[PDB]
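The following structure holds N-phosphonacetyl-L-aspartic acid.
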Amino acid sequence: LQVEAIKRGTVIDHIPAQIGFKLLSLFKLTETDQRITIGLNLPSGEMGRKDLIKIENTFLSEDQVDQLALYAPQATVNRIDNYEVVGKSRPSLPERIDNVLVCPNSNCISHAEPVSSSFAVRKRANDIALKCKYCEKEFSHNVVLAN
Amino acid sequence: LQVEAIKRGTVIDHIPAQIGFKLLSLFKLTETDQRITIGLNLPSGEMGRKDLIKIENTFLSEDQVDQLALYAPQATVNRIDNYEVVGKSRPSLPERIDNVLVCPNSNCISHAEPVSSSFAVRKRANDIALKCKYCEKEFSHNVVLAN
Amino acid sequence: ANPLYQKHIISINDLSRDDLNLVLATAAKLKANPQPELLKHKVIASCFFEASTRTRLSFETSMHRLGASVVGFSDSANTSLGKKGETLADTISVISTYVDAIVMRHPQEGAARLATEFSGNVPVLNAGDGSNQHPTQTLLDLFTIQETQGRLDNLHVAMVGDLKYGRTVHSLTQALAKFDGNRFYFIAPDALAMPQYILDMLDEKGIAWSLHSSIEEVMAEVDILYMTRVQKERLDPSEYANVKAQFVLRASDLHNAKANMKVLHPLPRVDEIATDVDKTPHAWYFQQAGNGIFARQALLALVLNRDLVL
Amino acid sequence: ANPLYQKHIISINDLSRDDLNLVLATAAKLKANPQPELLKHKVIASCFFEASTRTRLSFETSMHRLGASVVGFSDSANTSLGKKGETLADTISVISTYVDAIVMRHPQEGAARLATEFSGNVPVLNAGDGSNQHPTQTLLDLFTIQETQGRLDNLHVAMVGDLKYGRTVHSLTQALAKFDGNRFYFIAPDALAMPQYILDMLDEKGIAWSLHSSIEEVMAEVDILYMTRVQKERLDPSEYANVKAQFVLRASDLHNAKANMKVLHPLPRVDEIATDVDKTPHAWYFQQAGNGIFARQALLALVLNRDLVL
Amino acid sequence: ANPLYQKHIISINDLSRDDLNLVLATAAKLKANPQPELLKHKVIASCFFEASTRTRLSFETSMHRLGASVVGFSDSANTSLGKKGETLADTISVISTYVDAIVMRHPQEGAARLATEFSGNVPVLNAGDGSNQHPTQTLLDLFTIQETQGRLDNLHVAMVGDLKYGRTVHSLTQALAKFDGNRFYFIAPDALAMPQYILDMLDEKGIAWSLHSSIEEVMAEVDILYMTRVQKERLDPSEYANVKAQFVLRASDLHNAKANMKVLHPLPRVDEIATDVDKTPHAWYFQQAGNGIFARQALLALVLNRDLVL
Ligand SMILES: Nc1ccn([C@@H]2O[C@H](COP(=O)(O)OP(=O)(O)OP(=O)(O)O)[C@@H](O)[C@H]2O)c(=O)n1
Ligand SMILES: Nc1ccn([C@@H]2O[C@H](COP(=O)(O)OP(=O)(O)OP(=O)(O)O)[C@@H](O)[C@H]2O)c(=O)n1
Ligand SMILES: O=c1ccn([C@@H]2O[C@H](COP(=O)(O)OP(=O)(O)OP(=O)(O)O)[C@@H](O)[C@H]2O)c(=O)[nH]1
Ligand SMILES: O=c1ccn([C@@H]2O[C@H](COP(=O)(O)OP(=O)(O)OP(=O)(O)O)[C@@H](O)[C@H]2O)c(=O)[nH]1
Ligand SMILES: O=C(O)C[C@H](NC(=O)CP(=O)(O)O)C(=O)O
Ligand SMILES: O=C(O)C[C@H](NC(=O)CP(=O)(O)O)C(=O)O
Ligand SMILES: O=C(O)C[C@H](NC(=O)CP(=O)(O)O)C(=O)O
Ligand SMILES: [Mg+2]
Ligand SMILES: [Mg+2]
Ligand SMILES: [Zn+2]
Ligand SMILES: [Zn+2]
């Protein structure tokens, strides 16, 4: 392999192309002292091209794995221990996205006040609609920006 | 070698910790279809820890290399062809830096108007001096890097 | 305890049909048989961070009719939030150590919801948060619709004016959609249309609704003509073409109205309802406003008093 | 052509000693023997985006004394930049299609430099850019020192007041440092000290400078006492403790001055020079101002004429 | 005397094709061979009651290039009309006892026409009256089109942006319609369309014009692409949705333009022309502005001199 195996931690495989970097940026995954190995634009038999993120001595809860669903719905999260895959899971669409997004309603109380952002998530047509906990306005995920 | 050798392209080695991810942003390096491998928080002989970036079939622009001198003076840029290192160098401080930096003088005309930023560069032994072409004020590069 | 005891009252979206019916039943009871001492020994904050006549004065009157005391402000300019830079969060954190409930109106959407995250065990009652929700308006509206039509189901309801920014119609449409077989007519300028999240909610519930460009189209079949003011203080400057009321109801427009039809308006009105409407039997906006006392007494009783009033 | 023909005049940092001497020699000639038609058929823009009395009026008077015409503005409020949103860049782009030279003062540092990038073959003369440079002030300052002291070398020069924001002393210090053996005394509040880039330049050239907390310390040894106004329109609010003049020169303070010492001030003064100084033989700020005519004629003549023969 | 001697220049509607050609021919002559003393001993008033950069400065520069003197104001705030309640009528009545010609720009339509009724034998030149007419802009526009296209007939001209309030395109369309076989493309928001009185004139003369919702539709066929700024100081608040430029020309949009096509803009631009257009060979708005000098000298020369021989 071009990106070698790890002893212990999490391997996020099958990330769509151009999404791997977005995931590192959004979830601040590089803000750690743990060893990270990343492959971008790797070939895949299943997806064609794919990104890959490996984070040692770091683990993701089901909730944290679910947060990936908005960006990599068909990703695989491998829990590694003693060089062994001891668990595989796929992201499921979460009930909400907290902290990382910014409400696009400029008159929302969330901008002025010391609260964390929070949006309810639902499937609308073939899109993802986000409804702000505070202002209750609803937006396409496309127009809800990150911090 | 966790991240293995490549055929043709660029290997930026000896990037200090917590800088590698910043380089991927600033230089839009992931905005390509070229295969990329990244090691963050790798052990290092001379540095203890380091970041490492490999880009296949790709080379840096000039001054983008001399932008490197600001963010990572100790970094090593390797030019690779046919699996061999054929160009190896550390980026030296340029005289001038354009476009990427922001003058910290809030009353500088460069904020309000459609011109490109431009700084003259010189070393003061304990930091780098950046001098704005427009306002003629001089700053430590520590202060300019808060764009 | 009754289902609403110590509950926050933020959004109609958080309330069920049973909740709404409970408030109205309680309102009917207190109207027939006042309980002047029900909330004796309560102190309630009335905190208005934007303008109000009806909502603040009827809430405070209701508090006194129930024997409770009132503290607060009708203007934020002379609070420490107004002058010393204090957050809304800290304002709620201290006020909630003083009072048994907080009634608040605020110009930013989501303010009431935020307050609940800092008020501890003290209930927050949303008297309006930006262009979002206005639950107690909806309670009095429902009471008024029920009074004049005899039911809350199988009604033809037209809503006119600024539907985009009307917290009134956001709340009211959600409420009536919890009842069966209601039909909606939306008469708005395109720039101030009913928001998509409301329409999607109607579609999921199989509720019929349609857009119309005139009151006359639907006058013959409406039971409730709910008129609204253009919310000019919420408009973007790019929406300034709609400042002036696009639909003006006058007495001659009511010729083919059903006998039972009532004209409602949460008020204040500018010109969207001509004064010649006032004396016709269809005008019910002042009666509506007076119903705010019964609805708001009811809500206060249910939130602050453990047992059901009978 | 003379070395200054068709050159932008932006910063003293771009000028050599020879350039400065050339202007001074030309100034002395014009003062002695006027050339009323030297700039006949020239039209010059006088563009002031912040306030001025001396710099604008002497510049324009200078243009008229040489026979040039003048267009421009003293306020930006009624330009298309003031009312229609036009950038400075575009402003320079069109004005430079009209005139033979542009004189500009502007509240932002760098504005004059930026103008040179849009003015094509039209020379720009910096009448002051924020707190950065003030080249023509330095020209008249040097001229006045030369006149009164007989030299620009081996002087003892004190600069007093707001040295941080004084574009006058930034330009003047750089100019005097191009000459030999000058010694500087900086008397300023800590918050408004002479900036480090100036001091570093003095160090690199092996020029002696020192800080002093009073005029009295240096009165007996100075040839030139250069007073400045606190640049209150430039102060950050955090610097407002420095608004009042900290150093106030009065006639009584001159008792131990060298007989040849002159008090200069680019003007306007607020209170840093009391009016009882005006009648002493050391007061020379009005004569200095008057010299703006000869320096500015000299500069205009050299930029817009290839050759001058006296 | 020449046909324009001592004539008011108020509206393109009062000028013939021959009049326009005369100014253009005179402009070309003066550009090629300047006449520095043509208006010696003339004094001209430059009276601007609203903002200007190009029109005022080029006009005044033009006066100086021909040897005339200038008096006037760029702000009405310090005239007796600004502070003492004086009418425009009386203002014109006295100023016309001083000067040989009056150049005036004013925020109200008709102001220039009104001035002619109080100025007696003194010619008035309209530098812009509200959203009505802008004759001298049209003169320099025509000159620039003639220069770059070699002709004023059989052109394909696109006008983009605020055509309702653009006094520039009102005058320019009327002028080009005096020539043969010109074809017009109007690209504007519905709220700011080219007014009906313009269109009717085009119909009466059998001139083809059409509306288009994009520049792209017509890019391949236009000789002149005339961009305009949204006249926000003229907008009714009901029209505020149109404040941002709806059509934004970028360098990439020029890919299928005729090689000879020129982009014009009377200026200032806000965002309707991106700065990356400036370096393309099609950008000609700064050259256009520069041509204001020759058109305005030409006009002044023809109004104030009986005869010119080159
Ligand atoms: N010590 C290890 C073991 C596994 N992996 C990585 O974990 C991912 C998936 O593990 P594995 O089940 O062994 O591979 P696959 O069978 O291909 O899994 P899948 O079918 O889901 O793609 C691979 O990217 C592999 O490189 C790793 O980085 N370090
Ligand atoms: N085909 C190749 C050749 C080299 N490398 C990488 O390029 C970097 C520097 O090349 P090399 O000179 O071979 O390593 P060093 O001798 O350690 O160089 P240095 O002294 O700079 O550490 C190393 O990180 C190595 O992994 C690579 O990725 N692909
Ligand atoms: O941990 C890994 C996994 C994969 N790779 C690199 O990615 C490519 C695929 O190697 P894989 O073996 O992991 O992919 P795959 O066959 O399992 O097919 P998919 O499940 O991804 O659809 C190869 O180019 C390999 O070098 C790594 O470098 N490291
Ligand atoms: O291409 C590389 C280079 C280095 N590494 C990883 O980096 C670590 C260091 O291995 P190196 O061999 O690259 O370090 P070094 O001896 O050259 O000493 P320095 O130049 O860094 O001072 C090792 O843990 C190795 O796995 C890679 O994975 N890939
Ligand atoms: O303002 C409106 O038009 C409707 C509604 N009106 C009221 O609540 C009545 P008031 O503002 O007097 O309390 C509101 O949303 O505030
Ligand atoms: O303003 C000062 O105190 C010094 C200096 N003063 C002048 O140039 C004189 P004026 O502002 O009247 O043209 C300046 O920088 O503007
Ligand atoms: O203002 C415009 O957008 C077009 C036109 N512009 C001009 O005349 C240029 P200026 O306002 O700088 O004299 C006008 O009508 O005033
Ligand atoms: Mg696999
Ligand atoms: Mg090495
Ligand atoms: Zn929100
Ligand atoms: Zn700067």
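Naming convention: chains lettered A, B, ... in sequence-line order (proteins, then strands); numbering from 1 in each chain. Both ligands and their constituent atoms are indexed starting at 1 by order of listing. Cropped entry; intra-crop contacts only. Just so it is clear, the values below take in all heavy atoms, side chains as well, and ignore hydrogens, waters and symmetry mates.
The parts of the structure that belong to N-phosphonacetyl-L-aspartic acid are ligands 5, 6 and 7. Structurally, the main neighbour of N-phosphonacetyl-L-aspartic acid (ligand 7) is the chain that the PDB entry identifies as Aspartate carbamoyltransferase.
Lab note - other chains with heavy atoms under 4.0 Å from N-phosphonacetyl-L-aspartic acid (ligand 7): D, E. When hydrogens are left out, the protein atom nearest atom 4 (C) of N-phosphonacetyl-L-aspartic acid (ligand 7) is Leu267(E) O, 3.4 Å; that is the closest non-hydrogen contact. Atoms of N-phosphonacetyl-L-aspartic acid (ligand 7) lying under 4.0 Å from at least one heavy atom of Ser80(D), given by number and element, are 10 (P), 11 (O), 12 (O).
With ligand atoms numbered from 1 in the order given, N-phosphonacetyl-L-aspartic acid (ligand 7) contributes 10 (P), 12 (O), 13 (O) to contacts under 4.0 Å with heavy atoms of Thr53(E). When hydrogens are left out, the protein atom nearest atom 11 (O) of N-phosphonacetyl-L-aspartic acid (ligand 7) is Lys84(D) NZ, 2.8 Å; that is the closest non-hydrogen contact. Residue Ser52(E) has at least one heavy-atom neighbour below 4.0 Å for each of these atoms of N-phosphonacetyl-L-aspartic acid (ligand 7): 10 (P), 11 (O), 12 (O), 13 (O). Nearest protein heavy-atom contact of atom 15 (O) of N-phosphonacetyl-L-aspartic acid (ligand 7) is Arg167(E) NE, 2.6 Å.
Set against the non-hydrogen atoms of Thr168(E), the atoms of N-phosphonacetyl-L-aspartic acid (ligand 7) under 4.0 Å away are 4 (C), 5 (C), 15 (O). Annotation for N-phosphonacetyl-L-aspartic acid (ligand 7): atoms under 4.0 Å from non-hydrogen atoms of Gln137(E) are 8 (O). Residue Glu86(D) places every heavy atom at 4.0 Å or more from N-phosphonacetyl-L-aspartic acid (ligand 7). The contact set between N-phosphonacetyl-L-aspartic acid (ligand 7) and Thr55(E), taken as ligand atoms under 4.0 Å from a residue heavy atom, comprises 7 (C), 8 (O), 9 (C), 10 (P), 13 (O). Near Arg229(E), with a cut-off below 4.0 Å to any heavy atom, the atoms of N-phosphonacetyl-L-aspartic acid (ligand 7) are 1 (O), 2 (C), 3 (O).
Counting heavy atoms within 4.0 Å, the binding site of N-phosphonacetyl-L-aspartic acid (ligand 7) comprises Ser80(D), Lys84(D), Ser52(E), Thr53(E), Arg54(E), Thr55(E), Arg105(E), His134(E), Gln137(E), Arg167(E), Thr168(E), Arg229(E), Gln231(E), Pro266(E), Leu267(E), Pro268(E).
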